[PDB]
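The order of the sequence lines fixes the chain letters, beginning with A. What you see of chain A is 2-334, where the numbers are those given in the PDB entry. Residues 2-107, 118-181, 183-335, in that order, are what chain B shows, numbered as in the PDB entry. What you see below is based on every heavy atom in this structure, not just the backbone, and it leaves out hydrogens, waters and symmetry mates. First listed ligand is number 1; within each ligand, the first listed atom is number 1. Quick check of the header: X-ray crystallography, 1.8 Å.
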Amino acid sequence: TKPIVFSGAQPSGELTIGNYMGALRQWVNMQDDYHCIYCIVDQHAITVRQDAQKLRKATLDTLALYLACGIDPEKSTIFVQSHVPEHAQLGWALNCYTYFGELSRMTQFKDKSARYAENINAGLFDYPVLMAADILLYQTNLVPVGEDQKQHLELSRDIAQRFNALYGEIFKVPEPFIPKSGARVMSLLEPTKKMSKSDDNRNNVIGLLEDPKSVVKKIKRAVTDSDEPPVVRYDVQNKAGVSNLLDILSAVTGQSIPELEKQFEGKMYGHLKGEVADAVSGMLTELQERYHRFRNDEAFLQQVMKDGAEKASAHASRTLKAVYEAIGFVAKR
Amino acid sequence: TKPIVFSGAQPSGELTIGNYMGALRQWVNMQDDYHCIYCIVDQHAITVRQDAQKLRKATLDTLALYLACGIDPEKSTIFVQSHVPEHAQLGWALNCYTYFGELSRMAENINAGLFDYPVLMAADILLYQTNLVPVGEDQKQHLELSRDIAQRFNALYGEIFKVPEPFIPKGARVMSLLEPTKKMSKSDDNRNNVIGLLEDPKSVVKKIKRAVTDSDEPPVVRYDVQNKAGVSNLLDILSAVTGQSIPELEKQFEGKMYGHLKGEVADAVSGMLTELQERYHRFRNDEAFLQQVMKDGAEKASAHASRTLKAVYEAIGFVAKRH
Ligand SMILES: Nc1ncnc2c1ncn2[C@@H]1O[C@H](COP(=O)(O)OC(=O)[C@@H](N)Cc2c[nH]c3ccccc23)[C@@H](O)[C@H]1O
Ligand SMILES: CC(=O)NCc1cccc(Oc2ccc(-n3c(=O)n(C4CCNCC4)c4ncnc(N)c43)cc2)c1
Ligand SMILES: O=c1[nH]c2cc(Cl)ccc2o1
């Protein structure tokens, strides 16, 4: 059997080129090399208050984006988190092997709490435990995520090691798979800020489903720097905007940063932005063409969700049974 | 509609005569008045690190003893919490509608289950459209949270949950044998304060013999909680067993010493416990009967719980599972 890949994305907000390069691109590339399981984590999404119709639509939007990106339901397991009860079940059990301080120190909880001071809910606090459950249910070896999820992933390793030390080889210790390019795509007008899929200022984001012409305009208005002469060179500390543009270009084209730097020798931000805009616009055009073919086919989305939950349930139920046996529950009849 | 009562039976800790005569005995006789649900809450148990085999055993011990006390799995619903996934599912969902501040108002080294179990308890109750909860006195804030969560969710989404109420009325006072001012508690570390339902007649005699009394001269068997708490407790225990009134026992023990009272208390308590214990050991050692009870109970519970969860999931907006 192949090693197992698991990762998830929230059906909230609108997935961005940041979500793509930090995660979905790796997801697509790993489907033959590993046994891949990809999840739409609707239970995580509701740690930020969602409109019920937006949440249902976004769940189906996200599924269609997975397919449009090239996640292949004949190769990977694709499912909606709430369709598999074992996620919540293991999540509760793992609460008892997670310490309050491990959770209160999470950067995501802190940032999200500051953004939503009116809804600092227990789900938002407990977010990393459910996420560890998501991973550990599937005997997961590799978790492809962006840099922002590294702290959460490290906790899932701590939890898996803690549990295994008490009970045996119940879980695999997962390892992060974080790309070299695009692991932390930054905001176009505030390049010291991670690009958010829920930004109040849409001019910060490149949405995967956004009108490509709208995206090209945002790219040309992305902030750069005052360097005289303007020079296309990677330097996050001094040239955050130009660096972020180079990172996006490198991630779409596959070209290395040194190659791009050489390509733009003697050139300035107009050439840089012109070809970030060209590359991204073409990617989004092709992606969106596949997207609508999947999104408007309810029968196909319904079948993918059904088969995926069935495949996921078979894995998850096996792990949960071993967890429940280890901690001392009377096994269900 | 016949009200739904939800009770969470914690597996660890053997029930005492205070648990039986003070509450369960009466609930056993209300199984036709209410749709009673008895959930053996193993998922609550694991907030405290404990031996796995002992937790499995205590789950089965608790099930057989509830059956032995007369819970009728045909009239009531009795099941193990972990056998019904909806409890954890609704628990997660209700985390997202519970303020962090609410849990902190109930450090870095406590586990998250210890912090988060009040939400699980709210899910346990709210799954079954529960009308009544016989909470402990230490669980009243927890029930208030469950009511707050239910109303908050209902205000956003419609009348999805019943708002549960405490079961207000109390049925017998059983105090600690060596500290007559303290209720006899199944979680007491001093086992000599308690009489467990499984104790043998020699154990009962010994514990009653050491039960504190007073230095009244002459000794006088008369009820007076303020001045004769130990003797009063022995009288309450004896009346709760035999049904004889406190005045009748006072007349019966006129001119008698505390040794006589204690002798009668032990005999009466052990007589009560013998039919309980016979039923217990017979149920506890019938693995297939226990398995059938848990299978049937989890099936009944899950049928009800899944109805509520699906309404919750529909209201939140989750895409419905494809079966
Ligand atoms: N600007 C950015 N640049 C690069 N990568 C980025 C950027 N913003 C986000 N990401 C990555 O996108 C993925 C999905 O993010 P979500 O917020 O939906 O989703 C999250 O942040 C997860 N907690 C969802 C989840 C739930 N359970 C899991 C188990 C395994 C892996 C992931 C999950 C993530 O990999 C995230 O790192
Ligand atoms: C007696 C009764 O029927 N109560 C209603 C009810 C409803 C639903 C679940 C339910 O089960 C539980 C089980 C345990 C708890 N619980 C619980 O009540 N406490 C107490 C212990 C001391 N007094 C204050 C807090 C818990 N401490 C740790 N972990 C827990 N899980 C704790 C809380 C609830 C009980
Ligand atoms: O990760 C988690 N936390 C949880 C809390 C409750 Cl109450 C239920 C399931 C959970 O899964």
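- Given gabapentin, chlorzoxazone, afegostat, the compound at ligand 3 is identified as chlorzoxazone.
- Per the PDB entry, the macromolecule in most contact with chlorzoxazone is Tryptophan--tRNA ligase.
- By chain letter, those with a heavy atom nearer than 4.0 Å to chlorzoxazone are A, B.
- Site of chlorzoxazone with heavy atoms closer than 4.0 Å: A89(A), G92(A), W93(A), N96(A), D127(A), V130(A), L131(A), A89(B), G92(B), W93(B), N96(B), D127(B), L131(B).
- Nearest protein heavy-atom neighbour of atom 1 (O) of chlorzoxazone: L131(A) N, 3.0 Å.
- Distances below 4.0 Å separate heavy atoms of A89(A) from the following atoms of chlorzoxazone: 9 (C), 10 (C), 11 (O).
- Proximity to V130(A) (heavy-atom distance under 4.0 Å) selects the following atoms of chlorzoxazone: 1 (O).
- Ranking the protein heavy atoms by distance from atom 10 (C) of chlorzoxazone puts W93(A) N, 3.5 Å first.
- If you number the atoms of chlorzoxazone from 1 as listed, the ones under 4.0 Å from a heavy atom of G92(B) come out as 6 (C), 7 (Cl), 8 (C).
- The single protein non-hydrogen atom nearest to atom 3 (N) of chlorzoxazone is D127(A) OD2, 2.4 Å, given as residue, atom name and distance.
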